[PDB]
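For reference, the structure discussed in these notes is given below.
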Number of protein chains: 2
Amino acid sequence: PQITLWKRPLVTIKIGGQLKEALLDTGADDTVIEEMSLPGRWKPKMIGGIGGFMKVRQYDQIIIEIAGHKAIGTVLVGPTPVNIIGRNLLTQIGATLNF
Amino acid sequence: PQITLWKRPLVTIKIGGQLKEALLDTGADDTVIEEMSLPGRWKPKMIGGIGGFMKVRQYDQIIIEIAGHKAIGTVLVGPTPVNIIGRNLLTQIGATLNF
Ligand SMILES: CC(C)(C)NC(=O)[C@@H]1C[C@@H]2CCCC[C@@H]2CN1C[C@@H](O)[C@H](Cc1ccccc1)NC(=O)[C@H](CC(N)=O)NC(=O)c1ccc2ccccc2n1
Ligand SMILES: [Cl-]
Ligand SMILES: [Cl-]
Ligand SMILES: [Cl-]
């Protein structure tokens, strides 16, 4: 699709069998999803943005569908206010910015 | 132009007579620039992101050139470590996300 930006670019994702809403975010390096159960071991990560830092759980090699497009990659889990699809997965779905 | 997302989508902007680097940020509602003076009136605002909230100054009707494309809108000024061009100005330059 071609997504304009008059509204937030929210899409459906599927992760852990579950549908969620998430924001397609070119400003985010990483993908951050609200607290949920994911399989396997996790590693620590500290992320930062506009109001400071957040500790998250880093899970690697997670299967995730984004607006119908399949990705397999790193998902950070933590108390984020919005599920964010960052560039690590935007690149897997072939997304670009155009003007 | 078409901008891929392997790296942060940074572009040159001109604001307040100054050249700066800024991030094209589809996940940001607002445009937020590091501390600088701008003409005219302003009012305080609190904006949210990962980590909580940041206090900023809100300046309206500010012209900005973004990668060569003129736009006008609200610009927030505060202690951001990265200048961000959010949707309020991305729309004005005709930016879309494509996949
Ligand atoms: C997600 C993470 C990997 C931590 N990356 C970032 O957060 C980087 C950090 C960079 C350095 C600091 C300055 C911002 C830039 C860009 N951000 C990405 C950037 O796209 C970021 C992602 C985001 C969206 C929604 C909620 C939280 C976080 N957006 C923002 O910080 C913008 C700022 C604004 N008010 O316009 N936030 C929002 O547009 C926004 C929208 C809805 C919300 C609901 C509840 C609480 C907060 C909400 N914030
Ligand atoms: Cl990844
Ligand atoms: Cl505006
Ligand atoms: Cl349009």
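Chain labels are A, B, C, ... in exactly the order the sequence lines appear. Residue numbering for chain A follows the PDB entry; the residues present correspond to positions 1-99, in that order. Here chain B follows the PDB entry for its numbers: 1-99, in order, are the residues you see. Atoms within a ligand are numbered from 1 in the order they appear, just like the ligands themselves. Below, all heavy atoms of this structure are taken into account, side chains as well, without hydrogens, waters or symmetry copies.
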Which chain forms the chief contact surface with ligand 1, and what is its name in the PDB entry? HIV-1 Protease
Report task. Look at ligand 1 and name the drug there. Result -> saquinavir
Chains touching saquinavir at heavy-atom distance under 4.0 Å:
A, B
Among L76(A), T80(B), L24(A), which one has a heavy atom closest to atom 13 (C) of saquinavir?
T80(B)
Measure the distance from atom 46 (C) of saquinavir to every protein heavy atom, then report the residue, atom name and distance (to 0.1 Å) of the closest one. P81(A) CB, 3.6 Å
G27(B) N/O under 3.5 Å from saquinavir N/O: yes
**Asked** Which bit of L23(A) gets closer than 4.0 Å to saquinavir, counting heavy atoms only: side chain, backbone, both or neither?
**Response** side chain
Does the residue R8(A) have a heavy-atom contact with saquinavir, meaning some pair of atoms that are separated by less than 4.0 Å? yes
Which heavy atom of the protein is the closest neighbour of atom 15 (C) of saquinavir, given with residue, atom name and distance?
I84(B) CG2, 4.0 Å
Relative to saquinavir, is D25(B) under 4.0 angstrom through side chain, backbone, both or neither, heavy atoms considered?
side chain
Run down the list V82(A), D29(B), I47(A) and name the one with the heavy atom closest to atom 39 (O) of saquinavir.
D29(B)
Would you say saquinavir has an N or O under 3.5 Å from any N or O of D30(A)? no
Fill in: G48(B) N/O under 3.5 Å from saquinavir N/O
yes
Handout entry: Heavy-atom contacts of saquinavir within 4.0 Å
Key = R8(A), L23(A), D25(A), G27(A), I47(A), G48(A), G49(A), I50(A), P81(A), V82(A), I84(A), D25(B), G27(B), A28(B), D29(B), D30(B), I47(B), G48(B), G49(B), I50(B), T80(B), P81(B), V82(B), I84(B)
